[PDB]
Amino acid sequence: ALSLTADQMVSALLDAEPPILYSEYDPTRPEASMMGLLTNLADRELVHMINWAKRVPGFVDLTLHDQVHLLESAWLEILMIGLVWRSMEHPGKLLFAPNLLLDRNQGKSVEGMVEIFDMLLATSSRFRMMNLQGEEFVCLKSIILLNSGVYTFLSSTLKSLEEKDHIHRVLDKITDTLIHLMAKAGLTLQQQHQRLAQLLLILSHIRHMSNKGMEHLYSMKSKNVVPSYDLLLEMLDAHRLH
Amino acid sequence: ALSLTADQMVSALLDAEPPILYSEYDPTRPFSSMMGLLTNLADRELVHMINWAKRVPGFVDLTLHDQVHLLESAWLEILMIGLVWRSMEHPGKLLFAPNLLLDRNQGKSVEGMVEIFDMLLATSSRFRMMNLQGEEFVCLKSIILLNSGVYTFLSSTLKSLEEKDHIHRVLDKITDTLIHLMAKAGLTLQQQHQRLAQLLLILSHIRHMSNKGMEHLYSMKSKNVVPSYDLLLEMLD
Ligand SMILES: CC/C(=C(\c1ccc(O)cc1)c1ccc(OCCNC)cc1)c1ccccc1
Ligand SMILES: CC/C(=C(\c1ccc(O)cc1)c1ccc(OCCNC)cc1)c1ccccc1
């Protein structure tokens with residue numbers, strides 16, 4: 001897993017991509033329905049996200065507790081970068097699903113999105129201006145999975161030191177993979193390091209948007225909206241019986 | 001400022017460093033008051049932060065309104081990365097000021113720090129394990145200033161496009177500078193790109209910690225605690 005080539009890593013990540021899901025509304029029927037639609041869509045995406053995470057090279061080498069911690073920290077960032085990616089070719093709008101495309105004025109009335117709708121649109125625009133490639137996108141999504149929770153392993157066991165070292169080794173292999181993609185494309189070494197930094201700085205903005213989103217979700221005080229550690233544990237703690 | 005060499009950029013940033021300030025308490029009186037000490041310390045740091053920002057190459061080429069927007073987004077991240085930096089050589093503790101060093105158990109009783117004390121300690125430990133250098137630290141703090149608010153200008157005027165392009169040129173020049181520092185130190189090209197990414201990924205964690213801190217500050221409902229756009233505007237004028 002730490003022995004994949006860059007091309008093999010990219011191939012693995014592309015193979016592991018989850019599907020784009022639909023909103024569950026009757027398209028023959030005529031608000032506050034937006035949060036209901038989004039909550040339902042995110043619930044169904046989360047199941048596929050768990051399957052995807054298990055195929056990110058290196059991720060299933062971690063303990064199940066550490067897998068759960070990472071997913072707990074990252075899942076809304078991962079939903080949001082997917083949203084931004086799908087919206088890249090739809091300026092001024094967010095493609096929540098192929099049947100749920102909203103513009104900014106419509107977003108103005110979506111619960112919890114008073115700040116974040118415009119932040120997501122700006123991110124999508126930035127991706128378009130950089131001409132972000134699918135291979136780069138899947139690298140960034142893997143980086144979020146591995147990085148977002150790594151500085152909150154409040155554990156100091158020998159095993160935890162081993163876990164963090166591994167996570168940093170996988171992150172390093174993804175950095176190498178991103179650089180290789182840029183070299184294949186013919187970028188100079190200076191352009192490669194500049195572009196690597198541009199992409200990684202966007203991750204800080206995705207964290208920001210996720211924190212603002214999570215603030216809203218907790219404010220709802222709805223028992224099942226933020227996935228619990230124990231729920232994520234049940235989905236990740238698979239048997240081998242299938 | 002887009003014509004500085006990497007070495008000149010580093011010297012400029014090192015020259016521009018703000019001082020380390022002290023907490024204001026009677027060192028002869030007992031101890032227990034932490035949020036009051038920290039809000040006062042942050043208030044006095046903010047004035048020096050504005051002077052520092054104006055010496056970050058490229059920053060004053062921006063409009064006043066865009067300078068305010070950047071500082072409004074970034075100022076707690078900038079305070080927090082400074083805190084993490086001065087705590088690097090104090091494992092298990094946070095050096096809020098040279099006269100205000102608290103351990104983890106003491107942090108347990110500090111308002112608003114139920115989550116972020118441990119997060120700041122983890123960041124300091126990560127800086128120590130990477131052997132972060134002062135030259136790298138000042139580059140990262142400048143990146144935070146230029147990056148944190150750049151995807152929230154919510155403007156598409158020709159002037160705004162010009163402003164965003166400039167911000168990214170300055171960011172690109174700091175990336176070049178970071179890479180040059182790593183090359184001077186003898187890192188291979190592979191080690192350079194890996195270390196650049198490690199450093200920039202820590203910035204996401206600094207954003208996380210600032211958002212958690214800002215949530216607590218807004219919860220205080222204290223009129224002067226979160227600096228207003230208009231207050232920052234007066235200081236930046
Ligand atoms: C930014 C849109 C958004 C959400 C979203 C973003 C990308 C997707 O692929 C699917 C849903 C969001 C995500 C999760 C939501 O509820 C969690 C349900 N249990 C996992 C509710 C809404 C939302 C909006 C307001 C507040 C927080 C998130
Ligand atoms: C992490 C410690 C912290 C803060 C701190 C961090 C680094 C410093 O150099 C100085 C102050 C902090 C910062 C700002 C505070 O009030 C803002 C006052 N107007 C600018 C209050 C506390 C704090 C603690 C709880 C909630 C939010 C921030």
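The sequence lines fix the lettering, A, B, ..., with proteins before strands; numbering per chain opens at 1. Numbering of ligands and ligand atoms starts at 1, following listing order. Recorded method for this deposit: X-ray crystallography, 1.6 Å. Heavy atoms only: backbone and side chains are in, while hydrogens, waters and symmetry mates are out.
Lab note: drug at ligand 2 identified as endoxifen.
Most heavy-atom contacts to endoxifen (ligand 2): the chain UniProt names Estrogen receptor. For endoxifen (ligand 2), the other chains with a heavy atom below 4.0 Å are labelled B.
The binding site of endoxifen (ligand 2) (heavy atoms under 4.0 Å) is made of B:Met35, B:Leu38, B:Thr39, B:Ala42, B:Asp43, B:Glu45, B:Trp75, B:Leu76, B:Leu79, B:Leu83, B:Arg86, B:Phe96, B:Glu111, B:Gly112, B:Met113, B:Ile116, B:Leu120, B:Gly213, B:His216, B:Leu217, B:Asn224, B:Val225. On a distance-only criterion, B:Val226 and endoxifen (ligand 2) share no N/O pair closer than 3.5 Å. The distance from endoxifen (ligand 2) to the heavy atoms of B:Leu120 drops below 4.0 Å at these ligand atoms: 1 (C).
In summary, the atoms of endoxifen (ligand 2) found under 4.0 Å from a heavy atom of B:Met35, numbered by their order in the structure, are 21 (C), 25 (C).
Polar contact with endoxifen (ligand 2): present for B:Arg86 (N/O pair, distance under 3.5 Å).
Every atom of endoxifen (ligand 2) with a heavy atom of B:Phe96 under 4.0 Å away is listed here by number and element: 2 (C). For chain B, a heavy atom less than 4.0 Å from endoxifen (ligand 2) occurs in the following UniProt 17beta-estradiol-binding residues: B:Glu45, B:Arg86, B:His216. For endoxifen (ligand 2) and B:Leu76, the ligand atoms under 4.0 Å from any heavy atom of the residue are 13 (C). The largest share of chain B residues contacting endoxifen (ligand 2) lies in UniProt domain NR LBD. Polar contact check, B:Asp43 against endoxifen (ligand 2): a nitrogen or oxygen pair lies under 3.5 Å apart. Atoms of endoxifen (ligand 2) lying under 4.0 Å from at least one heavy atom of B:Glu45, given by number and element, are 8 (C), 9 (O), 10 (C). Ligand-side atoms of endoxifen (ligand 2) in range of B:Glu111: 25 (C), range being under 4.0 angstrom from any heavy atom. The entry's source annotation for chain B reads Homo sapiens. Under 4.0 Å from endoxifen (ligand 2), there are no other ligands or ions. The atoms of endoxifen (ligand 2) that sit less than 4.0 Å from any heavy atom of B:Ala42 are 11 (C), 13 (C), 14 (C), 15 (C).
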